[PDB]
Visitor: 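Quick one: structure below, then a few questions.
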Amino acid sequence: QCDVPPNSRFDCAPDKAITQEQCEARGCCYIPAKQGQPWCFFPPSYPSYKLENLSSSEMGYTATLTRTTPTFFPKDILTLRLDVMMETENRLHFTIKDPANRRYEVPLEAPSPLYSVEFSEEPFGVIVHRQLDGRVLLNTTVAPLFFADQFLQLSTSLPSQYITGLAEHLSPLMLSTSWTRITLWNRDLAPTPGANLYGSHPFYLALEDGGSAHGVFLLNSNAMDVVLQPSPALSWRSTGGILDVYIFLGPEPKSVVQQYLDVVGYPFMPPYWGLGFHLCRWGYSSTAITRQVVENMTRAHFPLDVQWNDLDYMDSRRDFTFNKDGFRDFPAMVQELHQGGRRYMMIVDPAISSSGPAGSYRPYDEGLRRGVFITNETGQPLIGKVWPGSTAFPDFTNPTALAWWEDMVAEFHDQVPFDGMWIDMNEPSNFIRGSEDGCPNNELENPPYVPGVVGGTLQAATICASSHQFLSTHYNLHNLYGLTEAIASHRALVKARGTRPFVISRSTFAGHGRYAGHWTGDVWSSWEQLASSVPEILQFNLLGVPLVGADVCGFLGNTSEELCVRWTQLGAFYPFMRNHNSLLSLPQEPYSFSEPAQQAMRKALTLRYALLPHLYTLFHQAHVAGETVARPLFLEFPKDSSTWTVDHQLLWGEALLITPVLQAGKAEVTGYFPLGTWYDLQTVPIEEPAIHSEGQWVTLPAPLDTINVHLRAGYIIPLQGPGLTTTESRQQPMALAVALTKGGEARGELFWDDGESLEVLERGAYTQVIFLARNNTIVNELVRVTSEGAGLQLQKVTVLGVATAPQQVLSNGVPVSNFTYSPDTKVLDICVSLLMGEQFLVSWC
Ligand SMILES: C[C@H]1O[C@H](O[C@H]2[C@H](O)[C@@H](O)[C@@H](O[C@H]3[C@H](O)[C@@H](O)[C@@H](O)O[C@@H]3CO)O[C@@H]2CO)[C@H](O)[C@@H](O)[C@@H]1N[C@H]1C=C(CO)[C@@H](O)[C@H](O)[C@H]1O
Ligand SMILES: *[C@@H]1O[C@H](CO)[C@@H](O[C@@H]2O[C@H](CO)[C@@H](O[C@@H]3O[C@H](CO)[C@@H](O)[C@H](O)[C@@H]3O)[C@H](O)[C@H]2NC(C)=O)[C@H](O)[C@H]1NC(C)=O
Ligand SMILES: *[C@@H]1O[C@H](CO)[C@@H](O[C@@H]2O[C@H](CO)[C@@H](O[C@@H]3O[C@H](CO)[C@@H](O)[C@H](O)[C@@H]3O)[C@H](O)[C@H]2NC(C)=O)[C@H](O)[C@H]1NC(C)=O
Ligand SMILES: *[C@@H]1O[C@H](CO[C@@H]2O[C@@H](C)[C@@H](O)[C@@H](O)[C@@H]2O)[C@@H](O[C@@H]2O[C@H](CO)[C@@H](O)[C@H](O)[C@H]2NC(C)=O)[C@H](O)[C@H]1NC(C)=O
Ligand SMILES: *[C@@H]1O[C@H](CO[C@@H]2O[C@@H](C)[C@@H](O)[C@@H](O)[C@@H]2O)[C@@H](O[C@@H]2O[C@H](CO)[C@@H](O)[C@H](O)[C@H]2NC(C)=O)[C@H](O)[C@H]1NC(C)=O
Ligand SMILES: *[C@@H]1O[C@H](CO)[C@@H](O[C@@H]2O[C@H](CO)[C@@H](O)[C@H](O)[C@H]2NC(C)=O)[C@H](O)[C@H]1NC(C)=O
Ligand SMILES: [Cl-]
Ligand SMILES: [Cl-]
Ligand SMILES: [Cl-]
């Protein structure tokens, strides 16, 4: 009866240390491990729920679940309702609820399915098979179902040892199944392994032998532990709500991601300028110093689209104010930035100063009047500590607070026309535990199961769990705080400006990408953290938050010149690129380094800017099709199992492989190359030539001034001329990099719109062009042409993989004025005068 293999034992004492006698009293098995793995575990016969009265409807299945014997947790809900909805051929959805009481739910908006579902009667379980190969994807029969008021546990076998997701944590892309506990409870803590961080995404993608995959999303916003076992298997442990589970069938990993984003929302489309270089630090104390940054960057030929300010601008570190010493002419500074073709961003915190005299600080006075703040047991606002001192916290689930936030934003924008919002401390972060007045002693503050959060209490670094919000207690809504503020800030920026919003958030939840982007927080200026940013940037793209990046050159401590060169090189490939720096630290602006470092840094930014039309096109695909912008090799080559554990290289879209140096003092790097031809992007003119891979590791030369970037054969990349801003670069002539397959084939595309407007796709206010190389010709296909795509000038076409030197080169039937061929690199470089919107034909022989 207790003969269960070590790796398949499920913890029967997740709540406390237990003795043999007690464990056996719980009706469990006690077998110490030989060397983590639970000593107290469930026998196959342990009491669970029983499936009764299973019935079928047009929507799917319905049943009753009954538990006869109570568990060791208080408040078992002995009678449950099961609902299974077969929503599409790719998406299966099931819920387990208490049919007698509404419980907290998260607010969110051959012809056969790829899955099949079956049920185990006793103990109850849900089994999900991939139809095509009969593989078992989900099997909840492996462990008992727990459904207590403050404890939900649902377990499943996993199809392999390869699983990714469950943000936000500092870890390899592929998670460890060796008795790993992964805690989701938003928390202000500098990124360090094994710790719950700023965001929580209860979703995972599981790979299957052969390259197929599936995803599971548990729509639950409560504090939770996700436990992984080497069998392999997984256990969801939540402290509240209900079980609301979606299964996505793929079969391709990209389709799994797309299918999940169908439920939580496709990434919002950023403004083009948002994809340029952002520069910030805590410590730009005055508008004179802030203007110097732009001056010094500009002087040194370093592009910069957006200048930022941290707390410096505010009056005594309060939102929606600016001080009259260093920032007396803040409005004029921001107006000047605009005149020059640049944008402006600044930090906003959620917490509002509550200690000023009545009537002296409108945001608080108005907020108090309209009841926008989270309240305590006695109904008064909860007061904690953040930068300005005593603070009240807005409740972004309260419609009136949404309206107040819109007003405060609009009013401040009337004074200083900022172009977006950097929203920080929105876990929400608290400098003291719970509140100035502590927290009461109840079941929400002291629950029967506390997940493995840093600090051992839900109140740590945040507000009281039993505090009141409009939709529910903070206990249920905490993981949504950041998200709700992001939603509120999204709408606020739309009303204030009338163009696409640009919101960068620290705290996030699943579905965050529909409204905002993210940066990874207070990472150290270390090689370790530079390396760790690659898996985390990829993780967030898999979770539908493509607009993500880490502070370039690091936030904490002092960076080194070498590290900042390497970080800027890799950083230029973060979909969101910002260099940010702490108050105490040494300057790390591109212009504050030696000339060789500056050159290396200038080259990185130049290449990013040249690549912007492609990057933007990738974001379009993310916005319209649930694609990822930055992706791991396995998403693109799932059937090559050697890619599965690669997370220190990244792809932009399908065709651009970036292989960064991530360690000090290296002049080479070893990267995995999937089967195919990979052309070195350094052969393309910007204002070994080819790696032929069977699917193998390749050692590449990579001196300090170099980052390896390769372009996949069979792909065409749109590029554009240089500029210190996107306002400037968007007016330049464009180019194509054409990477030919051995058979002389290639495909690519360009999306172009005004770059700022709302409802572009809905109104059809965009131009979409496809490029095709075939049989020594290059043509375009006009999928859509509008006024926005007008005047787009194509002046250069670079063809890679041209074996023999051509005797003639024609553009629309006429020999081109001049071209060059290099027999050493196989590169054909052609000068033309064409329009992306006009049908053209270029040929050679
Ligand atoms: C700026 C940053 O300050 C706060 O975090 C700091 C902690 O309060 C300090 O105690 C210290 O944390 C150390 C840990 O205690 C230690 O155990 C180890 O982990 O090393 C840590 C690093 O020294 O330093 C922390 C960072 O300086 C605050 O909690 C955090 O949220 C603040 N960061 C945000 C605030 C601003 C200012 O508006 C922005 O500049 C940042 O981008 C934000 O992320
Ligand atoms: C879903 O998970 C459950 C639990 O892991 C699996 O059911 C279990 O299957 C095992 C092995 O197939 C069963 O053990 C065997 O029982 C038979 C029947 O008496 C016996 O002839 C063998 O000697 C062996 O002991 C076990 O009874 C069964 N347990 C339960 C609770 O059902 C099931 O296989 C999984 N489903 C799928 C599709 O993988
Ligand atoms: C709910 O939140 C409110 C704040 O909105 C809390 O009110 C606070 O209550 C404490 C004492 O219960 C007050 O402390 C007192 O301060 C005065 C001086 O101002 C001092 O003379 C007293 O001896 C005492 O230290 C505190 O001032 C007050 N906060 C504010 C902003 O007025 C209330 O306690 C919270 N309720 C619960 C149950 O936590
Ligand atoms: C499982 O269902 C049976 C039958 O339920 C009835 O038929 C259903 C389709 C629906 O119309 C229900 O409203 C009906 O009650 C349950 O057995 C019945 O229990 C009721 C209430 O105690 C009792 O009045 C009847 O005599 C029973 N009828 C029969 C045929 O046995 C049973 O209780 C359900 N089990 C669970 C665990 O919910
Ligand atoms: C980050 O560096 C600052 C400054 O470092 C000093 O100045 C540099 C130009 C360089 O020459 C360094 O070697 C210097 O130490 C550090 O702040 C200094 O801290 C030291 C010792 O703790 C103190 O005696 C100095 O007065 C400080 N100088 C200034 C200008 O503030 C800071 O501690 C470093 N941080 C880390 C995490 O290493
Ligand atoms: C912008 O660049 C200027 C020019 O290098 C910097 O000005 C120098 O600052 C140092 C302090 O480290 C002084 O010792 C020099 O006298 C300054 N030179 C001049 C010509 O002013 C300035 O600090 C830079 N500003 C920023 C914000 O990076
Ligand atoms: Cl013992
Ligand atoms: Cl509720
Ligand atoms: Cl290998």
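One-based numbering along the sequence shown. Atom set for the values below is all heavy atoms of this structure, side chains included, hydrogens, waters and symmetry mates excluded. Header entry for method reads X-ray crystallography, 2.5 Å. Both ligands and their constituent atoms are indexed starting at 1 by order of listing.
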Visitor: Okay, next thing: the drug at ligand 1, what is it?
Guide: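 The drug there is acarbose.
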Visitor: Just wondering - which macromolecule does acarbose (ligand 1) hug the most here, in the naming of UniProt?
Guide: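 Main binding partner here: 76 kDa lysosomal alpha-glucosidase.
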Visitor: Judging by distance only, is a nitrogen or oxygen of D310 under 3.5 angstrom from one on acarbose (ligand 1)?
Guide: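 Right, the criterion is met.
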Visitor: Report yes or no: does a heavy atom of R506 sit under 4.0 Å from some atom of acarbose (ligand 1)?
Guide: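 It does; at least one heavy atom falls under 4.0 Å.
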Visitor: Check whether any N or O atom of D188, backbone or side chain, sits under 3.5 Å from an N or O atom of acarbose (ligand 1), and answer yes or no.
Guide: yes
Visitor: Which is it for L189 and acarbose (ligand 1) at heavy atoms under 4.0 Å: side chain, backbone, both or neither?
Guide: neither
Visitor: Looking at atom 11 (C) of acarbose (ligand 1), would you say a protein heavy atom lies below 4.0 Å from it?
Guide: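 So atom 11 (C) of acarbose (ligand 1) lacks protein heavy-atom neighbours under 4.0 Å.
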Visitor: Determine, counting only non-hydrogen atoms of the protein, whether one lies under 4.0 angstrom from atom 15 (O) of acarbose (ligand 1).
Guide: no
Visitor: Between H580 and acarbose (ligand 1), does any nitrogen or oxygen pair lie at a separation below 3.5 Å?
Guide: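 Yes; the residue has a nitrogen or oxygen that sits under 3.5 Å from a nitrogen or oxygen of the ligand.
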Visitor: Which residue from the UniProt active-site annotation for chain A is closest to acarbose (ligand 1), and what is the minimum heavy-atom distance to 1 Å?
Guide: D424, 3 Å
Visitor: What is the overlap between the substrate-binding residues UniProt gives for chain A and the residues having a heavy atom closer than 4.0 Å to acarbose (ligand 1)?
Guide: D310, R506, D522, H580
Visitor: Tell me the contacting part of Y198 for acarbose (ligand 1): side chain, backbone, both, or neither, using a 4.0 Å heavy-atom threshold, strictly below.
Guide: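 Neither; no heavy atom under 4.0 Å.
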Visitor: For acarbose (ligand 1), which atoms sit closer than 4.0 Å to a heavy atom of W519?
Guide: 42 (O), 44 (O)
Visitor: Consider every N or O of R578 and every N or O of acarbose (ligand 1), then say whether any pair is closer than 3.5 Å.
Guide: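 Between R578 and acarbose (ligand 1), no N or O pair is found under 3.5 Å apart.
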Visitor: Taking only heavy atoms of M425, which atoms of acarbose (ligand 1) are found under 4.0 Å from at least one of them?
Guide: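 Answer, ordered by atom number: 31 (O).
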Visitor: Does the protein place any heavy atom closer than 4.0 Å to atom 42 (O) of acarbose (ligand 1)?
Guide: yes
Visitor: Which other-chain residues have at least one non-hydrogen atom less than 4.0 Å from acarbose (ligand 1)?
Guide: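 The heavy-atom binding site is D188, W282, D310, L311, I347, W387, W422, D424, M425, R506, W519, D522, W524, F555, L556, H580.
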